[PDB]
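Structure, novobiocin included.
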Amino acid sequence: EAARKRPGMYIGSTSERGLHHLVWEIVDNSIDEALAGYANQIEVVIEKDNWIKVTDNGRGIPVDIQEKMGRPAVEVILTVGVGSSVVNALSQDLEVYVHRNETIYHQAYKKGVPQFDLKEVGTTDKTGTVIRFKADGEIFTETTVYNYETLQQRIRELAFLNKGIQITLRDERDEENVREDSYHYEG
Ligand SMILES: CO[C@@H]1[C@@H](OC(N)=O)[C@@H](O)[C@H](Oc2ccc3c(O)c(NC(=O)c4ccc(O)c(CC=C(C)C)c4)c(=O)oc3c2C)OC1(C)C
């Protein structure tokens, strides 16, 4: 309720500017993984009902119990790095899927509140993190619709700034017209 009561301090504004900042924070975490030498592919998806899906082929947010807290690391990071917690707090629903240790780990949240303990929901050969979120309509009272062009412009800049990372943007809001933009700069 720290981020919810005063959302201005944590993200900036609750307008369209603050709405797209939700996406930048989540993507910045995937770019960090790529800069460390552990990811090379990031995918930003605008899904039905303006849900956002950000996927990377990183190491997967660790799932091991943190000795002090007594909870998995993914839970800790997302419910306070600071940025992911704020996005979680400002979202009416947030889902995380971690692909690590040949297992698929899942946790869902509501307004930053864990709905259930981290559960194992599958098996994998791949590593990476999938973060799905729906912005809180009660917080973002102006608009809850992402402007594709605003997303495309910053994604193009980030792929250019961070050479060698493939960043893809896909709009799937209307199944009748699916637009996609793939960026990858060697230079
Ligand atoms: C929001 O989570 C972000 C990550 O987001 C994404 N997209 O992967 C990413 O930006 C970055 O990811 C890191 C940052 C550091 C390590 C890292 O130092 C690792 N080394 C380990 O073997 C390890 C194993 C277990 C463990 O709990 C920790 C420390 C825990 C951390 C950093 C959450 C480290 C590792 O496996 O994964 C790491 C990962 C995936 O830091 C987070 C967790 C805040």
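For chain A, we keep the numbers from the PDB entry: what you see runs 26-105, 125-231, in order. Remember, it's 1-based here, ligands and their atoms both numbered in the order they're listed. The way this entry was determined, per its header, is X-ray crystallography, 2.6 Å.
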Greatest-contact chain for novobiocin, named in the PDB entry: DNA gyrase subunit B
Please determine whether any non-hydrogen atom of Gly85 lies less than 4.0 Å from an atom of novobiocin. yes
Under a 4.0 angstrom heavy-atom cut-off, which atoms of novobiocin come close to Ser128? 1 (C)
Protein non-hydrogen atom below 4.0 angstrom of atom 16 (C) of novobiocin present: yes
For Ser55 and novobiocin, answer yes if some heavy atom of the residue is under 4.0 Å from a ligand atom, otherwise no. yes
Residue-level breakdown please: for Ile102 versus novobiocin, do any non-hydrogen atoms fall below 4.0 Å on the side chain, on the backbone, on both, or on neither? side chain
Nearest non-hydrogen protein atom, atom 7 (N) of novobiocin: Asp81 OD2, 2.8 Å
Would you mind listing which atoms of novobiocin come within a distance below 4.0 Å of any non-hydrogen atom of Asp57? 10 (O)
Per-atom contacts, novobiocin versus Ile86 - under 4.0 Å to a heavy atom: 1 (C), 2 (O), 43 (C)
Looking at atom 42 (C) of novobiocin, tell me if a protein heavy atom falls under 4.0 Å from it. no
Is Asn54 touching novobiocin with its side chain, its backbone, both, or neither, if touching means heavy atoms under 4.0 Å apart? both
What atoms in novobiocin come closer than 4.0 Å to a heavy atom of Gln91? 27 (O)
Per-atom contacts of novobiocin with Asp89, taking only distances under 4.0 Å to non-hydrogen atoms: 25 (C), 26 (C), 27 (O)
How is the binding site of novobiocin composed, by chain and residue number, at heavy atoms under 4.0 Å? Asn54, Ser55, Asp57, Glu58, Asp81, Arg84, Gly85, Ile86, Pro87, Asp89, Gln91, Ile102, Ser128, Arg144, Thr173
